[PDB]
Chemist: 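Looking at a model with ZK200775; I have a few questions.
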Amino acid sequence: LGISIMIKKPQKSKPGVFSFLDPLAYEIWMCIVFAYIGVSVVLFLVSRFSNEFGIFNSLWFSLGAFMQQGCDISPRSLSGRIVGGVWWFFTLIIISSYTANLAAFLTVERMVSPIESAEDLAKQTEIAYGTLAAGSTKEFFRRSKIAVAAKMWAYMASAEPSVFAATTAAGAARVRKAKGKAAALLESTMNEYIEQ
Amino acid sequence: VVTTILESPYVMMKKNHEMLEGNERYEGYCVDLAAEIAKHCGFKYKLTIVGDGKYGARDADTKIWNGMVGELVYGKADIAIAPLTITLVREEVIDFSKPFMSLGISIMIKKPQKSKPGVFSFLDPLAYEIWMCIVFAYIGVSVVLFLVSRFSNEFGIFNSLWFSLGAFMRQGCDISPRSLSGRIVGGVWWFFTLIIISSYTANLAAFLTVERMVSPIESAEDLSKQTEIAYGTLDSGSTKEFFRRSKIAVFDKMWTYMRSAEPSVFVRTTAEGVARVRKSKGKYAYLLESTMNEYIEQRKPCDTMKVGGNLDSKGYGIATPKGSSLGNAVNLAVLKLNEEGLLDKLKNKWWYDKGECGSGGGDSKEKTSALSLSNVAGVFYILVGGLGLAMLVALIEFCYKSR
Amino acid sequence: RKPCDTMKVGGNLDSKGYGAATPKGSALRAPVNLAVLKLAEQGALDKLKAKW
Amino acid sequence: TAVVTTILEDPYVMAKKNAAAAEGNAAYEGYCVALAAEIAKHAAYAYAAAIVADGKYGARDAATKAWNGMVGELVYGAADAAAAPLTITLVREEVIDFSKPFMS
Ligand SMILES: O=c1[nH]c2cc(C(F)(F)F)c(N3CCOCC3)cc2n(CP(=O)(O)O)c1=O
Ligand SMILES: O=c1[nH]c2cc(C(F)(F)F)c(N3CCOCC3)cc2n(CP(=O)(O)O)c1=O
Ligand SMILES: CCCCCCCCCCCCCC
């Protein structure tokens, strides 16, 4: 056996039902609706000074224009064409932005690398790791003359909270409650008994 | 009878110094250096802190030394294993070792973090020149399509501009050209708009995926050239008096700037200077000793960093009074310690191994967040502006038609 | 001072130093040490390096 | 007078164009010749720059403790100053007496 890592088991992390709309915040998703109503009413207003752009027809055109599809009708006056052009530019930017940020989400999530060895845990500093208070594992690290091992010991010697655990039952509990923050360093056989 | 100083990384008191104080208790870089000198030169030294708490300087009228020079010229102490900026007046009164560490006047700036995304940021993925070329390409294609359709179909200027704008924004075109020369223009503009929109989307995805942070200032020459960021020293000291007695082109500018500038850039103490750099987001740059800067950027909260090389080089020695038989027993020890790779090992350990933060871990720190309204609102403003303008021109046309 | 196909990146790893050496136990030891220290204080060694 | 010992070919000491036209120390000038002009005015001596012959900095040969080149020209009393880039080393220090670094 040997000294072995122990980390919280990664959960399945089921995605939300409406997770497709994460790449844009909730404020954006509602100001889109409110700007759509505003545009559909202004286009009616401008067309109706005194054709086909009633209010229902105008809401249909503006919906079509947001979804990049576009309808059979199109404004045929200068002051309706201005509204059309500006709403077109806005929807182009918003849709391009949604796709770009979704690609960013997927790309970043794909390059995820869990802490797999001791070297990776040594370089990384986001997760605190703690041995038992008094035992052969702590004395190992104190007497350790390996740079990576000494790097951990230098870290474990001083920490704002006590990374050390008094009891191995406490050590298991600390990792479970820390939700990935605590990484116990116990013997391999006990580790394989606990995870099983 | 070795002296020392209270500087935190160099000679420090352990936790509960009251419980344990003295030779076997004191810690610090100079402490371990003294121990290694003993290992190379066995001697009976008792560690005594400097009484005055500061380094040497001779009052003009008094003409007496004090601190680590007063404790050595007057036989009050044996040597001084501590940071002495070796210099002319101190060397005329003490015998100095070969410099066991070299340094300079570093530049200290706050670590650059991502700014608040300003409005009109949606047009960052493409350079300004490309946006201008897009505008004038649209206005050139529309007029050419008009001319073509009016050599040999309606496609007047007002309707051709609408067709081109519709084709760019990927929204379906109302009408399509029927001639051949009217169709070549349509095909070319379709290809162009497809490539441009694909480029914008792809580059924006690159912007959001991996982020690069650039230091606003790189070196002291560019810092003098910029002058948008205010840079200040300590009030009075070597790092301050250097700029007055400097005749290099850049340094005279960097002095005559801070010589006459409001408010007071000069800081009372280094703690206040680092606090001011941390407070002001990017407007303050601090010019301190290189070692102090390197040490500070390692401590919590690790919110600062050192940029640029050292402006002028100095050295720290191990002072020893002129007549001492220990005078030549320290030069050789220092040179051997330097050559063995032991002094560098010491500095490395006590500055990076005792590091509150590490650069080699979490350097990427990759995290992606939902795109807030702040990023986008620059297009909501344009949308509402366009609507207001449309209503305005509608009333203008109405009032014109009515008369 | 050579065609810029190469560049220096990163800080130097170790430390060294050049000194205007004098023969052991000679009469030009102290004045030369003073001359070098005073030159470095006034930047006459930084004006020269920036030149060549 | 005093005799100086400089190494060559570097950025430090170079031979001027029309070296044959010029004579004495002026026949070759460089950074460490300009330096070894300033030190004169603070130690007040008139020298004549003399390039080392062997063209090596110096090390005691393993077989025979003979110091070569620029430090050798000092140890054996052949010439006095060493106004040239001699790295400050322990082995050279135990034999010869340096100054404080003029460059790091
Ligand atoms: O011999 C000197 N050695 C010095 C060593 C240090 C440091 F190394 F940092 F400990 C400092 N500090 C600079 C800022 O950080 C805290 C104190 C000042 C020194 N001064 C005073 P100066 O003349 O103003 O440089 C000397 O005189
Ligand atoms: O005292 C010394 N002075 C030296 C001066 C120089 C330089 F001035 F830069 F020429 C150099 N070079 C840098 C590397 O490329 C070749 C020349 C080395 C030196 N060495 C080490 P070595 O001569 O390589 O054994 C010394 O020990
Ligand atoms: C469909 C036409 C839309 C026109 C949008 C014009 C954008 C103007 C933004 C200028 C900001 C310049 C900041 C330096």
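Just so we're on the same page: letters track the sequence lines, and every chain starts at 1. Below, all heavy atoms of this structure are taken into account, side chains as well, without hydrogens, waters or symmetry copies. How was it done? The header gives electron microscopy, 3.2 Å. Numbering of ligands and ligand atoms starts at 1, following listing order. The displayed model is a subset of the deposited entry, and contacts were enumerated within the subset.
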Chemist: What ligand numbers or chain letters correspond to ZK200775?
Modeler: ligands 1 and 2
Chemist: Report, by its name in the PDB entry, the chain making the most contacts with ZK200775 (ligand 1).
Modeler: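 Main binding partner here: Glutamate receptor 2.
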Chemist: If you measure heavy-atom distances to ZK200775 (ligand 1), which other chains fall under 4.0 Å?
Modeler: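 Heavy-atom contacts under 4.0 Å involve B.
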Chemist: Covalent bond partner of ZK200775 (ligand 1): which residue and atom, or none?
Modeler: none
Chemist: Where, taxonomically, does chain B originate according to the PDB?
Modeler: Mus musculus
Chemist: I'm trying to map the binding site of ZK200775 (ligand 1) - which residues have a heavy atom under 4.0 Å from it?
Modeler: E7(B), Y55(B), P83(B), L84(B), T85(B), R90(B), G237(B), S238(B), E289(B), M292(B), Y316(B)
